[PDB]
Trainee: 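If you scroll down you'll find the structure; I have some questions about it.
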Amino acid sequence: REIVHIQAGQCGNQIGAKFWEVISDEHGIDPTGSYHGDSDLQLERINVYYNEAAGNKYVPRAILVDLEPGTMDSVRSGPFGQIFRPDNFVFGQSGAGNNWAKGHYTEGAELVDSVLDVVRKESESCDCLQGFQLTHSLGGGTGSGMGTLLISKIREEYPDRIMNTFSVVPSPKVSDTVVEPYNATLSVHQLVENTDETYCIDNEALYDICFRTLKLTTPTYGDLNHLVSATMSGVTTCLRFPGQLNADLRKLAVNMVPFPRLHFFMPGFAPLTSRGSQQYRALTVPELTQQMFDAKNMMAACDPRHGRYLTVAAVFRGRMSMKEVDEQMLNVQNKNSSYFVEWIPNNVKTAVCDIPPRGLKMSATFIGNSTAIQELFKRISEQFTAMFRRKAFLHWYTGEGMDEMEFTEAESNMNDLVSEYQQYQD
Amino acid sequence: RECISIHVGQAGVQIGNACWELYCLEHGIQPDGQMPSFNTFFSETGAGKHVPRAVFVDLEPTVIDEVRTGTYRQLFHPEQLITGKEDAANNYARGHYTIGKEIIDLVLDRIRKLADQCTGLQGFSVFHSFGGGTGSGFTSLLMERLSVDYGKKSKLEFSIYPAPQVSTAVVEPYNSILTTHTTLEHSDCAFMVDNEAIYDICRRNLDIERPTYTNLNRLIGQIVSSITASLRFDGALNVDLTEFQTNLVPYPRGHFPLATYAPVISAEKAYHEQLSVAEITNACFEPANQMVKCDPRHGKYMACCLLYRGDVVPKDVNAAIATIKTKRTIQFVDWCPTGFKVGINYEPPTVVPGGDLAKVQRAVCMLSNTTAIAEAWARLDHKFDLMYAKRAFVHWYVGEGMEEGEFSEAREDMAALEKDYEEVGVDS
Amino acid sequence: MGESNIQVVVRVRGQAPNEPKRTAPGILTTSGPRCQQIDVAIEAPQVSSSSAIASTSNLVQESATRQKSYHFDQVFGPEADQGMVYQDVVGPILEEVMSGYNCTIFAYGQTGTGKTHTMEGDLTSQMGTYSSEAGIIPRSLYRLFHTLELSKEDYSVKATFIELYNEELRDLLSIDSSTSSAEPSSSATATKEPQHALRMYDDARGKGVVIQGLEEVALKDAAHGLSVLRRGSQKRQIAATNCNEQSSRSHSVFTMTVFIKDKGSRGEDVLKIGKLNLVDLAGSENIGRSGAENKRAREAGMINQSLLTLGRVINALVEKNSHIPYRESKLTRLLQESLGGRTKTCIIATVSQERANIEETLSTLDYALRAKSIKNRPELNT
Ligand SMILES: CC(=O)O[C@H]1C(=O)[C@@]2(C)[C@H]([C@H](OC(=O)c3ccccc3)[C@]3(O)C[C@H](OC(=O)[C@H](O)[C@@H](NC(=O)c4ccccc4)c4ccccc4)C(C)=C1C3(C)C)[C@]1(OC(C)=O)CO[C@@H]1C[C@@H]2O
Ligand SMILES: Nc1nc2c(ncn2[C@@H]2O[C@H](COP(=O)(O)OP(=O)(O)OP(=O)(O)O)[C@@H](O)[C@H]2O)c(=O)[nH]1
Ligand SMILES: Nc1ncnc2c1ncn2[C@@H]1O[C@H](COP(=O)(O)OP(=O)(O)NP(=O)(O)O)[C@@H](O)[C@H]1O
Ligand SMILES: Nc1nc2c(ncn2[C@@H]2O[C@H](COP(=O)(O)OP(=O)(O)O)[C@@H](O)[C@H]2O)c(=O)[nH]1
Ligand SMILES: [Mg+2]
Ligand SMILES: [Mg+2]
């Protein structure tokens, strides 16, 4: 009944910093950590993310990890920093060089046990372990290196649990670094074999979302991640809140995974309307399901209509009606009956909460899985094919000591992965 | 001389949330137990504030917290509100094996304190689903473990069953095949309701296009009070559960009836209509009022049980009886000579406060039998066979110790079941 | 491209000194439903044929005929000796892999069916066992010091014992003082050394071959200190269920390597190296029957999860479709060298004989039925 949180990297520490901003306002909470919400369903299942203590206090069940000091200090210097309790900033005074072959390798290893103790500070004291939520990068080192060594030890300590993470797919459009096709590249050698699931969020589509379809000018990191933040919260509303057809994360793990390696997924937020389009739009049940077809609301940089969908889950918010919910779902199965696979007749899994977030009246959460999401992978894998031939800027890492055999097999780890969607695509 | 309820699964709970509202509507029972003048589902307290003879099972703490904090928390007893820790997460494997052996010693324990209070127990009924893990694997445990200690009572199943067109999860046919063969191995009598044709009642007999799960189930809830709750009450031709034993089921293993309900009229249509006994019998055989996506015209009628409510005199019935025999478009069987066993009771069905259906003078529940469900059985089997050809969605149950050979065990015997509906019109 | 496809062999349970005193007095004898035959290796189990209103499974028969007569290459019964199985299975190919051919042995079936009696076995009634009769491992280790010595050639006894306990690979030939009762420090120090590389090699010399970290080789002059394989099998993890108390819990992969050199008459030395992947698996536990418990549950399911993934391969081998996913179980990557690969590999199909365990063997009986359409291409080493 409880979920443990981990953050890493310059982004995934910053990304979840926007997330707990929202979950604090999910329940009407003081910036200190006092309760002032009004809904009783807010108060009822506090336990899953929080650790209520004496003095009528609330502790976000979260461990914040970095090798850079001032990043998480800026979280603490910023508001919604005192709502944490400061016995949890496990960090070190050394830069990783934004390197997977250092953060997984040396300067994390003097910080591993200091992390896992705060895990053991929490996870034994938990009533029932249910969630190991991570938020990090695949572009830098701290989001890529240290978390892979976490999962090599956390699953070693918890084989009977569930491993999800929100890892950020690199953008060939917008970036700043160079060895970016290594950090995600060597992450896959540990992300696939030891995590039950992860998603694939890329800025390369995210810029197209806020700028075009939401009528915004400047995509900031505080705003591109605020888009991610609602889609985070929509993953596990039924586990937290009452609903008619409530679904587990493990239920979401069951029906969305046909096969224990093809477990990469994609979010989607349904009332993606602009500021101006409020007074010129009627908001219905097919209005929410309309974006399931939308290429511009698929938050990863792929055409959904390019491949064919394997599995899609729909997690709804609002006092709806199932006959309208089912038959509108039925029509989307009937509208484009080539976009799915054949051997799965019910291509969709429903999920219906009873309470949407405040301000709105309807919301939803798209969770799809298609044979075109590999388009994110062919971009990265082909970039690897150029960096290896000259062995270009190899002389930051061979002094560390990662092998060409790793560069051989993790390379072929990708081709074993990607080329299975096209078995079932065409 | 009593009867016990079992509510398993997130579907199986909210079924009773209407039904026990109706059961407490049977006597004006407020959240205390205010009632004059009846011992079927109830015990009487020292203050006489009656309590249900019902069992709740929920592997999550999710649904029941609504029940035990919202309205009608106090009529139930925390003896009964048996909540659990974790779902099996829609898994027949963990619902039968892993989590299921953590609560079953507490659930069977409440039975020995309630069933022993029954002075000559009539029977008891089980509520579950097919898609839900809770309703699949726990059914595989409970319905065999009851027959270890109750091999000589009645075991009714009002089981919610999926549509061949509208479905809500992937492994829903991948559940029911593993469940139902061992269910038919042990259970006595099983009903099935499809939400497909329930939606058809929403658009054609309710004429409302925004239903709730209450409104799909107060329909199911109004059935049972006419199945059983009036059988305590004295009318003209009262039936009981034991008049279904070798009556309705002409075999050891054929026990699958089909429930319909004839007067389904929204309150606007209470006046472009003048109801009769003969009209509502004509409503009994509409293939668009089967509550399951099925046409009786493709099949036959092995048997048919007419169970009536309110002001019903059989001379008015007997005319409509031979009428349907004469106006037949049914292709009746060879093997049943004439058998139409009759149920006539006295009580009107009561109006759900804030509910849907209309204050009537007379009402019908009907059980019948057909080989048309054997199509709708196999229509789910069409969804079932192709997932095995990929061997897909397979790691959750072999990872929890259920065999591939079970799927060769269950379905081929389930096909043997479906081939044994066809033995009706063979020998003649 | 080769057509050196496969070998399919079958031995069943039977004459094991608890078993025949209750089965053959209880139910029909040595293959009751099954009809053991030896010539064309045909066999066919059935059940009772009743006019069943719910027709039972295995009602496919007629008056006086057999059904699912899965006639194989070579099937055997309780009568087949350890040497008689060695007469047909292992013996006539152990002098063939001396030239450089490679083999792999593994079993599959219902739990407790005697896989480890075939693989490991145990000795016979001797006061001093001079590599006495047991399962398939010491009999080849007895032929080890015969056909690598009576050939009178410079040999190299090379082998390494690796256990695989729930998606790991652990050496049991090690110094293993840390696994026993030793003295750790009262507090933990800093790890001044970098990371450790283990098992994580794949090459592109051929395909399917996987290179491993830290192959602790074993060299013996005779069978005198060959109880290190028993010392290794001692640390192999077992448990005590109720379906079988004797059947193991973990599963192991043991390799063999025969580097033999002789200067041929052509003027060059013959660098011939063989491989005998002596691989044993755990019992496919039906946990509702056996009664596994909390920690035993994850110990039980990953066995079947591995066997599921093992079933996830052979269907795609006979399918002939692109990108057969060998990449879930590490056992499959150890098996992708020959499962669709190049060299030789035999398949052991040990199953049950209970009437209550006829359907439970049909998933194995389907997998042995599909066990012919896997293509390879043979080669040796020079
Ligand atoms: C007039 C007014 O108040 O309007 C709404 C609003 O209309 C719109 C425009 C909002 C607004 O959001 C944005 O403008 C926005 C811009 C970039 C990226 C993300 C959001 C809103 O900020 C979003 C905000 O939504 C919420 O408060 C939800 O509960 C939301 N909460 C937060 O994100 C939040 C976080 C910190 C502080 C306050 C709110 C939520 C949604 C899902 C899951 C959890 C929480 C509200 C009321 C509105 C505005 C102010 C305009 C929209 O977003 C959300 C998340 O609801 C943009 O698409 C929807 C459409 C909404 O109708
Ligand atoms: N008619 C009707 N069917 C329902 C209702 N709620 C759930 N169902 C059906 O029940 C099936 C799932 O069973 P549930 O009871 O919800 O799940 P469960 O038995 O608790 O087991 P889990 O899946 O593990 O949660 C779905 O396919 C639904 O169609 C309902 O309110 N009315
Ligand atoms: N063909 C056979 N010949 C002789 N003994 C056999 C044969 N088949 C089975 N047995 C006996 O069957 C018994 C029970 O099998 P057992 O060896 O304990 O389990 P298992 O199948 O090997 N499982 P595992 O230990 O996990 O590999 C053993 O004591 C064997 O002696
Ligand atoms: N959405 C988002 N992505 C960011 C942000 N900062 C960095 N990234 C992305 O994250 C990747 C770099 O990883 P980062 O966390 O910054 O470095 P690390 O700390 O060494 O792991 C690149 O793909 C950046 O585009 C941010 O604030 N928001
Ligand atoms: Mg459930
Ligand atoms: Mg054995």
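So you know, we letter chains A, B, ... as the sequences are listed, proteins then strands, and number each from 1. Order of appearance sets the numbers: ligands from 1, and atoms from 1 within every ligand. Just so you know, these numbers use all the heavy atoms, side chains as well, and skip hydrogens, waters and symmetry mates.
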Trainee: What is the recorded name of the drug molecule at ligand 1?
Mentor: Taxol
Trainee: Count heavy-atom pairs within 4.5 Å of Taxol (ligand 1) for each chain, then name the one with the most as UniProt does.
Mentor: Tubulin beta chain
Trainee: List the other chains that have a heavy atom under 4.0 Å from Taxol (ligand 1).
Mentor: A
